[PDB]
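Depicted below, zoledronic acid in association with Isoprenyl diphosphate synthase.
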Number of protein chains: 2
Amino acid sequence: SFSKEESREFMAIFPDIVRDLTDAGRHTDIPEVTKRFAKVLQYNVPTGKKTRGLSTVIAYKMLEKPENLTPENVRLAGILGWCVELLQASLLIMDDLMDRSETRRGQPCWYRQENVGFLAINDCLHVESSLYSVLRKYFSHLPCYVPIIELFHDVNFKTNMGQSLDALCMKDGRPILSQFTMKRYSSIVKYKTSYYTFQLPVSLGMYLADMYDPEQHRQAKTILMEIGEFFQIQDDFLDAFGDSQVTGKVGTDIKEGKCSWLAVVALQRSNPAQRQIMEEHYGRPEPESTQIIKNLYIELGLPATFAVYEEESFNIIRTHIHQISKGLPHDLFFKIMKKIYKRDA
Amino acid sequence: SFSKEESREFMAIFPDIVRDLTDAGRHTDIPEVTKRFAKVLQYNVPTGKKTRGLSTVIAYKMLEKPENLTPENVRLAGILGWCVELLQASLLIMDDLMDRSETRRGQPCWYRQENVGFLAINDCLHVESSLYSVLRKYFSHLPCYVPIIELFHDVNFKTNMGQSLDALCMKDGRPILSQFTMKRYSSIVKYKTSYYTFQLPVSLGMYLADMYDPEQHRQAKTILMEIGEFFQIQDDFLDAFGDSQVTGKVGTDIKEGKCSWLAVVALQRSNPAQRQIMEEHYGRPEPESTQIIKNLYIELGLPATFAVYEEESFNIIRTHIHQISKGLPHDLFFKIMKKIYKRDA
Ligand SMILES: O=P(O)(O)C(O)(Cn1ccnc1)P(=O)(O)O
Ligand SMILES: O=P(O)(O)C(O)(Cn1ccnc1)P(=O)(O)O
Ligand SMILES: C=C(C)CCOP(=O)(O)OP(=O)(O)O
Ligand SMILES: C=C(C)CCOP(=O)(O)OP(=O)(O)O
Ligand SMILES: [Mn+2]
Ligand SMILES: [Mn+2]
Ligand SMILES: [Mn+2]
Ligand SMILES: [Mn+2]
Ligand SMILES: [Mn+2]
Ligand SMILES: [Mn+2]
């Protein structure tokens, strides 16, 4: 699980996905566009950690009867994982535009690159639409096809709802601090991250294994929602405190006024002088105001607060995994937690 | 076809679509975003002329056997038409951002509204994803379900390719005039307009009528791509020469450096002096430059050229309809052609 050989097998599929989308004898009257789209895919799709794609394949191998794990079915799981990566890739291109970000995966964000700009918006829709072309090619004759397309449709819709709720942090260029509660936070991360990052890979593995029991999906969802919140809290910590040479990305939550876990906990922990600092300097374009907030986060001990939370939450999520039933493999959820716990990117 | 009673019938379905997407007992934990999404849908979806949605219904009524046209099946054709309007709505939200436009349908472009901006990209993705939720609710029990889903995803991909070819008119802040050929133009229009505007309504009517023969779809496509080319040429003409109070939108093609029909024909007709005016002034943000280009278009006689094209093309397409397979209803194509060209005869 998350091994050297699994990574190889997974990356080996990527050149076939590019060929399927750009060199399959289709659209031969517009080679300018298909050759460019091959570059959009090369740049934007395969340079992340690939945890979602690799989790799709691990979930399938842990759910399917061993007797059924052929080179072809394990390749189908890897193709589904790449369709999750195409969805991720599409969401990041949009997200970086919305967040006015500088870098992604160690490079300038796509929209910033020479002669891209507002062509990144279309490129995000194009990458999203491409995953359904991949699904059609490989899954259209299998019983899992309709369930899988419906799941991608539903997760997309839910992710959009979360992205909106996330964006509604600011009104008239000031953040709505009095509404930055843990209740709000948990709602945002459920929709903007947990469905597509955790629920979607495991549900896809289930469907490819012909597991359709609604209660089995519900029990997986309950735990994966808890994992997703934990994973987004880690992301938020990285925005302010991560090493951008390691994470690949420069943080923007403070400048953008976001209802991040750090903002919520800062408001919980602040004395009245510190609350006035949030009121005056949170969600401002000026570099000096963002550093004032970072310095408040340092003085509050948010790094240590996060570290204590992460350890406590890891243990609570594992306790919950142990309570799972409906015939689900505990080690699948244990492996997912081991991969992300104490991550620095 | 295209009467008030038919507009009446079609518009009555819209409030149900909004309820299906925002108030069907789902996502009850995030009313802030579902209430907001009802506003997104009200502003951006039902505010156009609804030609594509109405055309879906008319195609179904002309392709289905007369004995099969129940109120229930006609209502399903109307729901399919609203799914095309959701696709249109989504495309215009993103197009307006890419084209830096001011108005759409007589109101500010969505992105220009307070507290929208690049959140319009998320609302674009959300509106397109919605249509798959509508398809699942109403069509999932019919043979046509999968062909319809696939057509929507394939048309979206093709439209994205067309939008990218459209966008590549400029490189390094100057238009690539030497590549502005009628061959390039026709490729742009096929992909960015003709598939979703003309082919999609008719192929949807075919699928709801259980017409799956790819040859029948292909016979229709030949005519519909000719109508599409006229439709986009008219749109281009009006970008420069239309009244914005009538069109509902302020033109941006000259400033944006687009390979519009006007620019393509201007380069065809220009003497060397007139070509140097295009080289110096086309695709520039300065208002003097954009007025100099409009003056060159007047000097070249482009309004009269367009008027000749509108006459010549109408008579060519009518002649081509007469030659379609006796297997398809010629009057469907005549009705579509007459609506687009605003003719009763
Ligand atoms: O913090 P965000 O939600 O914008 C982020 O996690 C992206 N994202 C978008 C939706 N869910 C996650 P990233 O930090 O990668 O920029
Ligand atoms: O001229 P465009 O292609 O941008 C346009 O026709 C929209 N559009 C987008 C794709 N096909 C058409 P509009 O003039 O409405 O802004
Ligand atoms: C949901 C979130 C936190 C977005 C980034 O996801 P990752 O941190 O998994 O990014 P990549 O590996 O895909 O780059
Ligand atoms: C493809 C084109 C020319 C975009 C606008 O289409 P319409 O002129 O049909 O727009 P609405 O009626 O939907 O506003
Ligand atoms: Mn971001
Ligand atoms: Mn974001
Ligand atoms: Mn983040
Ligand atoms: Mn436009
Ligand atoms: Mn455009
Ligand atoms: Mn136009």
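Read the sequence lines top to bottom; their chains are A, B, and onward. Here chain A follows the PDB entry for its numbers: 85-429, in order, are the residues you see. Since chain B takes its numbers from the PDB entry, the residues it shows come out as 85-429. Indexing begins at 1, ligand by ligand and atom by atom, following the structure's order. This deposition comes from X-ray crystallography, 1.3 Å. Atom set for the values below is all heavy atoms of this structure, side chains included, hydrogens, waters and symmetry mates excluded.
- In this structure, every copy of zoledronic acid sits at ligands 1 and 2.
- Other chains within heavy-atom reach of zoledronic acid (ligand 2), distance under 4.0 Å: B.
- For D250(B), no nitrogen or oxygen atom sits less than 3.5 Å from a nitrogen or oxygen atom of zoledronic acid (ligand 2), counting backbone and side chain alike.
- In summary, the atoms of zoledronic acid (ligand 2) found under 4.0 Å from a heavy atom of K333(B), numbered by their order in the structure, are 13 (P), 14 (O), 15 (O).
- Zoledronic acid (ligand 2) has no nitrogen or oxygen under 3.5 angstrom from a nitrogen or oxygen of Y280(B).
- Of the heavy atoms in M182(B), none comes closer than 4.0 Å to zoledronic acid (ligand 2).
- The residue from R189(B), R188(B), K276(B) that puts a heavy atom closest to atom 2 (P) of zoledronic acid (ligand 2) is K276(B).
- Looking at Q316(B) against zoledronic acid (ligand 2), only its side chain comes within 4.0 Å, counting heavy atoms.
- For zoledronic acid (ligand 2), the atoms closer than 4.0 angstrom to any heavy atom of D183(B) are 4 (O).
- Checked against a 3.5 angstrom limit, the closest N/O atoms of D179(B) and zoledronic acid (ligand 2) fall inside it.
- The heavy-atom binding site of zoledronic acid (ligand 2) at 4.0 Å consists of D179(B), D183(B), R188(B), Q247(B), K276(B), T277(B), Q316(B), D319(B), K333(B).
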